[PDB]
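What follows is a deposited structure in which one can find darunavir.
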There are 2 protein chains.
Amino acid sequence: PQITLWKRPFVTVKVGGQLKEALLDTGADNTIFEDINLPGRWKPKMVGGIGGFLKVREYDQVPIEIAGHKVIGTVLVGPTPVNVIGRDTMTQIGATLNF
Amino acid sequence: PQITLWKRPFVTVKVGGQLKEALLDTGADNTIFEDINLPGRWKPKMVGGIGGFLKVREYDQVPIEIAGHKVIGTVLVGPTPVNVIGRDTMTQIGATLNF
Ligand SMILES: CC(C)CN(C[C@@H](O)[C@H](Cc1ccccc1)NC(=O)O[C@H]1CO[C@H]2OCC[C@H]21)S(=O)(=O)c1ccc(N)cc1
Ligand SMILES: CC(C)CN(C[C@@H](O)[C@H](Cc1ccccc1)NC(=O)O[C@H]1CO[C@H]2OCC[C@H]21)S(=O)(=O)c1ccc(N)cc1
């Protein structure tokens, strides 16, 4: 797809086999979800955004699918106010910003 | 250009007569700069991100030149950790996400 930016660029994403939606966010280094329950242990990680920091749970080798592209990546789970697909995942699906 | 996302997508911007650098951020609704001095009246606003809220000043009808494309629109000013170009500005230059 070729997505304009008049509205927030949410995409359908299946993460851990669960159908969710998340914002394609070129300003985010990492992919973060708030409304998923992933299996197994996780490791503590911290991320920093506009208003300060959050403690997140880092889950590794998680399957992610967007627009037919299935990849294996790192997913953070934490109190983000909105699910975001970061550059880590977007590079895997070959997304670019164009103008 | 076509911008891959292996590194943070910074672009050169001219705002308030000054050359600045800012992150092209499709997860940001609005453009925000730190420490730039704009003429005219502003209104107080708040923006919300990961980690909490940010107090900013909103200036309207601000010319911005983004990697050499002219736009007139809203510019927020406040202590963001990184200057961001948001969707409000990127829609004015026809930016799209492609995958
Ligand atoms: C979370 C988004 C929906 C909103 N943010 C834009 C976002 O792209 C920020 C943009 C950003 C970038 C750096 C620092 C602060 C904010 N990125 C971000 O928080 O990323 C975090 C997750 O991955 C990590 O990598 C970058 C920081 C971590 S935001 O900075 O809060 C924001 C909110 C409103 C406006 N108008 C402009 C920006
Ligand atoms: C920095 C501005 C973008 C925001 N200002 C918020 C304010 O808390 C800032 C917070 C602030 C200020 C500067 C840089 C980062 C953050 N403080 C401030 O101006 O303090 C002044 C008095 O001491 C002087 O030296 C320090 C700054 C000067 S503000 O214009 O008054 C403001 C207040 C409320 C809202 N909603 C939106 C904006």
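Chain IDs: alphabetical, in sequence-line order. In chain A, numbers come from the PDB entry; the residues present are 1-99, in order. Using the PDB entry numbers, chain B covers 1-99, in order. Whatever order the structure lists them in is the order used to number ligands and atoms, beginning at 1. Below, all heavy atoms of this structure are taken into account, side chains as well, without hydrogens, waters or symmetry copies.
All instances of darunavir together account for ligands 1 and 2.
Most heavy-atom contacts to darunavir (ligand 1): the chain the PDB entry names Protease. Within the structure, the other chains placing a heavy atom under 4.0 Å from darunavir (ligand 1) are, by letter, A, B.
At a heavy-atom cut-off of 4.0 Å, the residues contacting darunavir (ligand 1) are A:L23, A:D25, A:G27, A:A28, A:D29, A:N30, A:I32, A:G48, A:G49, A:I50, A:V82, B:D25, B:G27, B:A28, B:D29, B:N30, B:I32, B:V47, B:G48, B:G49, B:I50, B:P81, B:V82, B:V84. Below 4.0 Å from some heavy atom of A:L23 lie the following atoms of darunavir (ligand 1), by number and element: 3 (C). The protein heavy-atom contact nearest to atom 34 (C) of darunavir (ligand 1) is B:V47 CB, 4.0 Å. Of the protein's non-hydrogen atoms, B:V82 CG1, 3.6 Å is the one closest to atom 13 (C) of darunavir (ligand 1). The shortest contact between atom 28 (C) of darunavir (ligand 1) and any protein heavy atom is with A:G48 O, 3.2 Å. By the 3.5 Å distance cut-off applied to N or O atoms, A:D29 is counted among the residues near darunavir (ligand 1). Closest to atom 6 (C) of darunavir (ligand 1) among all protein heavy atoms lies B:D25 OD2, 3.1 Å. For atom 18 (C) of darunavir (ligand 1), the closest heavy atom belonging to the protein is A:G27 O, 4.0 Å. The protein non-hydrogen atom at the shortest distance from atom 20 (O) of darunavir (ligand 1) is A:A28 CA, 3.7 Å.
In terms of protein heavy-atom proximity, atom 19 (O) of darunavir (ligand 1) is closest to A:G49 CA, 3.7 Å.
Nearest protein heavy-atom contact of atom 16 (C) of darunavir (ligand 1) is A:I50 N, 3.7 Å.
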